[PDB]
Visitor: 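If you scroll down you'll find the structure; I have some questions about it.
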Amino acid sequence: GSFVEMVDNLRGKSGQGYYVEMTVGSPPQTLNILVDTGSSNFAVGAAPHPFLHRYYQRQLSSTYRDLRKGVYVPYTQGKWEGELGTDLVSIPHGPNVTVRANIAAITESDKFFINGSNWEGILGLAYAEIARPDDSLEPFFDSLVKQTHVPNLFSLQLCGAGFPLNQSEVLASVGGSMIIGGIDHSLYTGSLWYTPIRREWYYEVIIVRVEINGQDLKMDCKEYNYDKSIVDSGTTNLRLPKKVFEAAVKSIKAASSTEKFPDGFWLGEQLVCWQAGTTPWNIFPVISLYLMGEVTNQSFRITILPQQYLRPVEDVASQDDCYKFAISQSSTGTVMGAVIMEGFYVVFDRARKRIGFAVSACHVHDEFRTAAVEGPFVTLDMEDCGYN
Ligand SMILES: C[C@@]1(c2cc(-c3cncnc3)c(F)cc2F)CCSC(N)=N1
């Protein structure tokens with residue numbers, strides 16, 4: 001019901017990530033750690049870097065254990081290399097428990113750390129199947145549940161400000177909540193609707209229908225989940241498979257056609273700006289994603305506003321309100337990233353192999369429209385939407 005100790009324990013923003021304070025080692029070393037449901041390694045800066053103000057010093061921890069094994073983790077953009085070990089870990093604004101967890105001590109990296117993000121490591125909250133070097137490296141959350149009485153569930157409320165924050169404002173500001181071991185009813189309005197976790201590797205789900213202002217995108221539903229659809233707090237954008245991206249953008253352009261925007265805007269590259277307070281939210285469509293429900297032949301929908309998919313950014317000069325388009329293409333399936341998660345309180349119910357969605361008590365909206373979670377809808381042949 002109520003988890004006051006964990007409410008408001010996140011800071012950050014969609015563009016650079018949301019992070020939680022953790023301590024590692026004995027005596028405790030404090031570090032800020034990116035909350036990432038799209039990966040499964042707990043990995044921390046452990047050597048000086050131009051963008052790190054502090055790092056894990058294994059030689060100062062009496063409880064550090066060396067696993068004598070290296071790990072190399074390349075991504076499409078960026079990479080890091082490190083040394084595997086274990087140590088005692090706590091989350092100060094979390095459950096009052098201390099656990100021994102695997103930690104990859106990052107000793108070298110390229111384009112991984114972000115200048116001014118304020119985080120020094122990543123907490124991969126997904127499953128062992130996608131851990132590096134292999135699935136025998138138990139992820140943090142699995143350790144936490146095995147070693148303590150914490151229920152096998154966590155929930156995330158990511159709070160977008162609706163306007164830009166500089167590095168000073170992000171430091172002073174509450175970015176949201178990670179509730180470990182429960183669901184806090186103050187963080188949402190309306191009902192929670194649950195979709196099954198298709199397979200425990202990423203948090204994989206199945207999308208069964210997409211609408212732009214109520215108009216069906218009318219693609220074969222397999223296209224929406226090609227080659228998977230995941231919920232990922234460590235990706236900024238809503239990312240869509242190439243063909244779905246092309247269809248969706250064509251439809252969003254048609255809905256907003258009273259104003260013409262440059263190709264670079266739709267490509268996610270360039271900002272657009274309006275005079276202060278005059279952003280024409282009403283010309284942009286709402287986007288609905290229908291998700292497989294828990295009951296046979298039942299779906300539900302989550303609906304976001306342009307206040308979610310237009311990401312506020314600071315002007316290159318002004319008092320203008322400026323934004324980038326935060327929907328982009330993917331060659332690795334749909335990614336429901338931070339700009340989608342900012343609409344919703346998201347419950348990662350690992351114990352019951354399901355993900356819940358409710359309207360966020362902190363989502364950005366206007367006097368005419370709000371984000372929504374609605375159901376049920378009768379939907380047939382939903383398993384056929386999943387890609388094999
Ligand atoms: C681990 C990874 C990831 C995320 C962010 C990151 C997080 N939030 C915002 N911007 C960047 C980052 F800065 C570095 C990363 F390696 C791989 C790319 S996708 C993902 N889910 N996690």
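Residues take their numbers from the sequence shown, with the count starting at 1. Computed over heavy atoms, backbone and side chain alike; hydrogens, waters and symmetry mates excluded. Note that ligands are numbered from 1 as they come in the structure, with each ligand's atoms numbered from 1 the same way.
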Visitor: Can you point out which of S-rimantadine, R-talinolol, MK-6240, LY2811376 is the drug at ligand 1?
Guide: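 The answer is LY2811376.
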Visitor: Tell me which macromolecule has the most close contacts with LY2811376, using the naming in the PDB entry.
Guide: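 Largest number of contacts: Beta-secretase 1.
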Visitor: How about atom 18 (C) of LY2811376: does it have a protein heavy atom within less than 4.0 Å?
Guide: no
Visitor: List every atom of LY2811376 that sits less than 4.0 Å from any heavy atom of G15, numbering the atoms from 1 in the order shown and giving each element.
Guide: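 Selected atoms, number and element: 9 (C), 10 (N).
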Visitor: List every atom of LY2811376 that sits less than 4.0 Å from any heavy atom of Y75, numbering the atoms from 1 in the order shown and giving each element.
Guide: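 In order of numbering, the contacting atoms are 1 (C), 16 (F), 17 (C).
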Visitor: Could you identify the single nearest non-hydrogen protein atom to atom 4 (C) of LY2811376 and state the distance to 0.1 Å?
Guide: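 That would be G234 O, 3.4 Å.
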Visitor: Check contact between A338 and LY2811376, using heavy atoms of the residue and a distance below 4.0 angstrom.
Guide: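 Flag not set, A338 not near LY2811376.
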Visitor: Which UniProt domain dominates the contacts that chain A makes with LY2811376?
Guide: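 Those residues are mainly in the UniProt domain Peptidase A1.
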Visitor: Going by the PDB entry, what is the biological origin of chain A?
Guide: Homo sapiens
Visitor: By number and element, which atoms of LY2811376 are closer than 4.0 Å to a non-hydrogen atom of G17?
Guide: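 Those atoms are 8 (N), 9 (C).
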Visitor: Which is it for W119 and LY2811376 at heavy atoms under 4.0 Å: side chain, backbone, both or neither?
Guide: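 For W119, only side-chain atoms sit under 4.0 Å from LY2811376.
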Visitor: Is there a covalent bond from LY2811376 to the polymer, and if so, to which residue and atom?
Guide: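 Covalent partner: none.
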Visitor: Quick one: look at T236 and LY2811376, take heavy-atom pairs under 4.0 Å, and tell me if it's side chain, backbone, both or neither.
Guide: side chain
Visitor: For LY2811376, is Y202 a contact, meaning one of its heavy atoms is under 4.0 Å away?
Guide: no
Visitor: Any idea which protein heavy atom is nearest atom 11 (C) of LY2811376, and the distance to it?
Guide: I114 CD1, 3.9 Å
Visitor: Side chain, backbone, both or neither: which part of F112 comes within less than 4.0 Å of LY2811376 when only heavy atoms are counted?
Guide: both
Visitor: Looking only at protein heavy atoms, which one is nearest to atom 1 (C) of LY2811376, and what is the separation?
Guide: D36 OD2, 3.3 Å
Visitor: Give me the residue, atom name and distance of the protein heavy atom closest to atom 3 (C) of LY2811376.
Guide: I122 CD1, 4.1 Å
Visitor: Which residues from the surrounding chains have any heavy atom less than 4.0 Å away from LY2811376?
Guide: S14, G15, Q16, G17, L34, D36, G38, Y75, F112, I114, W119, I122, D232, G234, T235, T236
